[PDB]
A.B. asks: 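Before we start, here is the structure in question, set down as C-alpha cells.
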Amino acid sequence: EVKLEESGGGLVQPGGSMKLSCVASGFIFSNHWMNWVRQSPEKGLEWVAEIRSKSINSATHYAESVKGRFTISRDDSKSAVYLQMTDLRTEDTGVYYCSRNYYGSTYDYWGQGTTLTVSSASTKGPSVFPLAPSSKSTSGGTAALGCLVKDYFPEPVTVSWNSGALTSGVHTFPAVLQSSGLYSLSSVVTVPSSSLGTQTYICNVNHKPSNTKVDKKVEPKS
Amino acid sequence: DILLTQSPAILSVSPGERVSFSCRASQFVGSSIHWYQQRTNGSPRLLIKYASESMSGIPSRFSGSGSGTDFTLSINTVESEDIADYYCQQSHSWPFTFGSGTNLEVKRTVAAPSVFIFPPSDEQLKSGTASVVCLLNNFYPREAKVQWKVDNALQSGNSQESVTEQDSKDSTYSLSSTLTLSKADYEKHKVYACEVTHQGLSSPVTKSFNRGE
Ligand SMILES: NC(=O)c1ccc[n+]([C@@H]2O[C@H](COP(=O)([O-])OP(=O)(O)OC[C@H]3O[C@@H](n4cnc5c(N)ncnc54)[C@H](O)[C@@H]3O)[C@@H](O)[C@H]2O)c1
C-alpha cells in the first residue's frame, strides 16, 4: 500500500518561513517525482512544486506564484520530500498535500494534507467543555452528547470519540470564527439513550499548534 | 496556461439517476484529462485517467469520455456514497492545472431533524461564560430556521450556526447553533429555549431547559 504522510504545518507570521515534510512508503521513492499541491477555498486545487528523480539531476519546478520563495527538496534515504517556504503571504494559507505525479501525467497518490495559516495572530489552545446529555437531549431511544471545543487558533483541531472506537453517528461541525478572532466548534454523537450511564464517552481533542491533547469524559449531569 | 472550466459548479440528482460532470479546456488537451473525487475532509482520489480509463478499484458506474476540449465524467447510478467534489486536471502541457470542481448533492426524502439542547457546563460557568448549544441532527433539505428565546425574549446577534456537509451515508445535514452569554447575563434568566422550523416538521419544535434543574 502506498502511504504519504505530511507534517510541519501550523501558524506563521506574514513574511515568515516554515518547512513542511512528507514521508512516503510503498513504492520505490527514488524513482518517482514528488509534488506539493495546495488547496484553498478561493483558488481550489493548485500545483505548487515538483522535484524529479536524482537520475535527472533532482530537477525542481515551481508554480509562478511561489517561485523564488519556496524550495522543494528530497532525501531518498528517508523517503522524504520537503517544502521550505519563505516570505510567506496571507494568500499562501491553505491545506498542503504531498502527492506523487506519474512522470508528467496523473497525481496518482496523495497524503492527508497539512494546514498552513499565515497570520499575525497568536496561537491559542482550546478549552473543552462537555455537551452533557439529559432528557432534553433524548429523542425517544436516541440521546445526543458532545464536546464544545472553544476559543482556539489557528485551525485545525481533530476530535475523536473513545480513541477512535466510536465513529458512527459522530458529527464534528466546521469551525466558526468568533468575533474575538478565535475559532470554536462542537463535536456531537447520537447514542442509544439506554447506554447513558452504562457506557463511557470520551472526546479526544488534539490541537497541535498549542500542543493541546485533551480527553474529556462526557457524563449525564447530576 | 490552460484553464479548465467546470460548469455547473453544483449538481443535485435523485438517487438511482445518471449524472454527468462537465470539464471544458480553454485549449486542446487531447485526451489528457484526469478526474478526481474528494469527499468531505478527505484527499483527492484519482478516478479516471486520460479521459476514459477508470483506475483499478473504482466502481463500474463511473465512466469518462471526451477528447479535444470537451470532457464528461458520468456516474450511471448515483448513490449517497458519491456525494463529493469532483475535479478535472489536464496534463497535456505544463503547468498542470485543475478545474474549480463540481459538487454533487444527492437528493433524498424529507427528513425532519432530531433536536437537542445542551445547557452550559458547570466547568465553563466557572470561567464567566455560558455557551448554550442547540443541535439539529440528520435532516433534509438543508434549509432550517433556529431561534433562541430566553424567558420568551427572542435573542439576536449572540448566536452562530455551523452546518455539516451532506452525509455520504444518509444524504442528511446536521446543524449546531451556539448561544453565547456572559455568566452574569445567563444567571439573570430562567428559561432557555431553542425553537426549530423545517420542511419536515408539521409545527415548530421547541427544546428548552430551566437554568439550574
Ligand atoms: N525498462 C523498464 O524498467 C520498464 C519497461 C516497461 C515497463 N515497465 C513497467 O514499469 C513498472 C515498474 O518498473 P520499475 O523499474 O520502476 O520498478 P519494478 O517494479 O519493475 O522493480 C523491479 C526491481 O528492480 C529494482 N529497482 C527498480 N528501481 C530500483 C532502484 N532505484 N534502486 C534499486 N533497485 C531498483 C528492484 O529490485 C525492483 O524490485 C513495472 O510494472 C513494469 O511493468 C518497466
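Read the sequence lines top to bottom; their chains are A, B, and onward. Sequence positions for chain A are given in the PDB entry numbering; the residues included correspond to 1-222, in order. Here chain B follows the PDB entry, giving residues 1-213 in order. So how was this one determined? The header says X-ray crystallography, 2.0 Å.
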A.B. asks: What drug do PDB records list at chains A and B?
C.D. replies: infliximab
A.B. asks: Give the name the PDB entry assigns to chain A.
C.D. replies: Infliximab Fab Heavy Chain
A.B. asks: Hey, what does the entry call chain B?
C.D. replies: Infliximab Fab Light Chain
